[PDB]
J.: 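Opened a PDB file with diflunisal bound to Transthyretin.
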4 protein chains.
Amino acid sequence: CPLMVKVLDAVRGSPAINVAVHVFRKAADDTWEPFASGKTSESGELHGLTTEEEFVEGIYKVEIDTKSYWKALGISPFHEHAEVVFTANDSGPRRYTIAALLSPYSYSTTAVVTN
Amino acid sequence: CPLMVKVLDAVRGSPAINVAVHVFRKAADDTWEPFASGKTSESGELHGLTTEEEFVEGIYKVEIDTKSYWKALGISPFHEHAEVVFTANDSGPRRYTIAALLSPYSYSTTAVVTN
Amino acid sequence: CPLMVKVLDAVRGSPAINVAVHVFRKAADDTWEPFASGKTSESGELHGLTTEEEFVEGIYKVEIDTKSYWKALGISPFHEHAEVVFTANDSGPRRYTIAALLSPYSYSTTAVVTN
Amino acid sequence: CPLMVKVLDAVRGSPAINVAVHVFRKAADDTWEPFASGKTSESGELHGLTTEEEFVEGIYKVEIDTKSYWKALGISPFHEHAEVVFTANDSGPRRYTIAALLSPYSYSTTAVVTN
Ligand SMILES: O=C(O)c1cc(-c2ccc(F)cc2F)ccc1O
Ligand SMILES: O=C(O)c1cc(-c2ccc(F)cc2F)ccc1O
Ligand SMILES: [Ca+2]
Ligand SMILES: [Ca+2]
Ligand SMILES: [Ca+2]
Ligand SMILES: [Ca+2]
C-alpha cells in the first residue's frame, strides 16, 4: 500500500491505538475532498488507506484526531488535531509513511519515503 | 504579547529567519477568517501578531509557511506548511508561544501556555 | 527480541541505513560495560541485539553514531552521537523499541514499550 | 553568554522549571571533567553557565536531569537523563543554545549555533 500512517504516544511510551485518521486530497476548486480514513491498530499503524491506482500525484492532507485520543485517556490536550499537508510526486516508485509522535502540548511528524 | 511564534532550522542549527506565518480564526459560519500574519525576525521570533483586546476566545489556526522557507534555501521540502490548530482563552486569557522545529521531511511543534 | 532500535533521517525522509549502534549496561562499579551492538538495516531497524535471557533489569545506554551517519552523506553534523539512557524494569512482559529521528543539529528519541 | 540551555515540558505546555543541568568537558586523559552546572529558571532557561574565557574548544557533554524533573512531578519517567555531546568552538568562538523538549517517554534536543 502506497500510504501508511503510524502514531506513537510520547506520554505512555506506546503505540497510539484507535486514533482516527482522515486523508483529504486538494480538489481543482482548492477545497479539501475526503479521500480515505481509518483508525490506528494496536500497533499504532493504519494500513490499507488507499491503493496504487487511486493514490495519484497531488496535494494531500492527513488529519490525525489527537484531541479525541487524549480525551479517551483522561489527559488534557492542546491541539484540536494534528494536520500533515504534502505534495505526493512520482519520482520513481514511492511508498509514503507518515509518522506522528504525540504529546498533549506537542507533536512531531515526519515522512518516510522509500522505493 | 498574547501570541508569539518561534521557528528553528534543525538542518543549519539556526533561527529560521523570514518565515511567513498566517493566523486564522474560525468564524461563526465555520470558515477560517484571516486574523493576523507576519514574518519571523533574525532571531526566529515573531512578535506583535495581535493584542490582548483582539485575541478573543476561539479556535485559531497558525499556518507556518515552511515550504517557502526551504525553497528560498534552494531545498525541495516535503510539507506544504506546518499548521497548528487550538482553542485559545477558553478559561480566560493566556499567553501562547507556538514553537516550531523544521527539517525538510519533518517538523515538530510545541505550545507554551502561561498565565 | 526484547530490544530493538529504529533510526530515521529527517533530512532525506528515509530510514537511516548502516548506522552503528552500541548498547552498554551499567556495571556494579558505575562504569559502562559493552552489552550489544549492530548496524541499522535498509529499513533503519536493528534487530537481534540481545535475547530475553540476557536482557535483565538494569540501567542501559544506547549510543547511536549519528556523526558518522551524517559524514557519510556529506552533511555537517552537530552532535558527536545520540545517547539514550534508561532503566529497564520488568513489570510484566516487556519489549523495548528505541526510536530516533535525526537531523544534523537535532535529534528526537522515544521509547515504545509493549507487552 | 556563550552557552545557554532551555527546557520545555511537552505534557503541561510550560517551561520545565528547576531542572538540574550538568556540563562536562572531555579532558586530556579522555575522562569527563566537571565544567559547570545549574538549574533552569521559571522561564525554563539556564543562563550564566560559563564565560567566553572559560568556554574553550573541546568536546562537551550537557546532561539534563530529566528523571528528577518528572519524579518531582510524581511521574515515573523512562529516561535517566537527556545527554547532548558536541564539539564546541572548533572554528572559533560561537554562541550555543541547547534546547530540550521533554515527555515522560521521549525527548527532543536541538542546537542553535550563532556567531
Ligand atoms: O516524528 C515522528 O513522529 C517520529 C516517528 C518515529 C517513528 C517512525 C517510524 C516508525 F516505524 C517508528 C517510529 F518510532 C520516530 C521518531 C519520531 O520523532
Ligand atoms: O517541537 C518543537 O518545535 C521543538 C521546540 C523546541 C524549542 C523550544 C523553545 C525554544 F525557545 C526553542 C525551541 F527550539 C525544541 C525542540 C523541539 O522539538
Ligand atoms: Ca512530477
Ligand atoms: Ca469560555
Ligand atoms: Ca522492578
Ligand atoms: Ca580548532
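Protein chains get the first letters and strands the later ones, always in sequence-line order, with residue 1 at the start of each. What you see below is based on every heavy atom in this structure, not just the backbone, and it leaves out hydrogens, waters and symmetry mates. Indexing begins at 1, ligand by ligand and atom by atom, following the structure's order.
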J.: For diflunisal, what are all the matching ligand numbers or chain letters?
T.: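 The drug sits at ligands 1 and 2.
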J.: From which other chains does some heavy atom lie less than 4.0 Å from diflunisal (ligand 1)?
T.: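 Non-hydrogen contacts: A, C.
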J.: Can you list the atoms of diflunisal (ligand 1) that are under 4.0 Å from a heavy atom of C/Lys6?
T.: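 What qualifies from diflunisal (ligand 1) is 10 (C), 11 (F), 12 (C).
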J.: Quick check for my notes - source organism of chain A in the deposit?
T.: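 Per the PDB, the source organism is Homo sapiens.
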J.: What protein heavy atom is closest to atom 3 (O) of diflunisal (ligand 1), reported as residue, atom name and distance in Å?
T.: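 For this ligand atom, the closest protein heavy atom is A/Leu101 N, 2.8 Å.
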J.: Which of the numbered atoms in diflunisal (ligand 1) are below 4.0 angstrom from a heavy atom of A/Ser108?
T.: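 Contacts of diflunisal (ligand 1) toward A/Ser108, numbered from 1: 1 (O), 2 (C), 3 (O).
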J.: So which protein heavy atom does atom 4 (C) of diflunisal (ligand 1) come closest to, and at what separation?
T.: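 Ranking protein heavy atoms by distance from atom 4 (C) of diflunisal (ligand 1), first comes A/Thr110 CG2, 4.1 Å.
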J.: Show which atoms of diflunisal (ligand 1) fall inside a sub-4.0 Å distance from at least one heavy-atom site of A/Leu8.
T.: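 Contacts of diflunisal (ligand 1) toward A/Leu8, numbered from 1: 14 (F).
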J.: What do you see: which UniProt L-thyroxine-binding residues in chain A have a non-hydrogen atom under 4.0 Å from diflunisal (ligand 1), if any?
T.: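 UniProt binders with a heavy atom in range: A/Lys6, A/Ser108.
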J.: With heavy atoms of A/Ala99 as the reference, note each atom of diflunisal (ligand 1) found under 4.0 Å away.
T.: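 Those atoms are 2 (C), 3 (O), 5 (C), 8 (C).
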J.: Could you list the atoms of diflunisal (ligand 1) found under 4.0 angstrom from a heavy atom of A/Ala100?
T.: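 Contacts of diflunisal (ligand 1) toward A/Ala100, numbered from 1: 3 (O).
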J.: Which residues lie closer than 4.0 Å to diflunisal (ligand 1) by heavy-atom distance?
T.: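 Counting heavy atoms, it is made of A/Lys6, A/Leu8, A/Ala99, A/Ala100, A/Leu101, A/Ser108, A/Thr109, A/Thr110, C/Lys6, C/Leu8, C/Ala99, C/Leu101.
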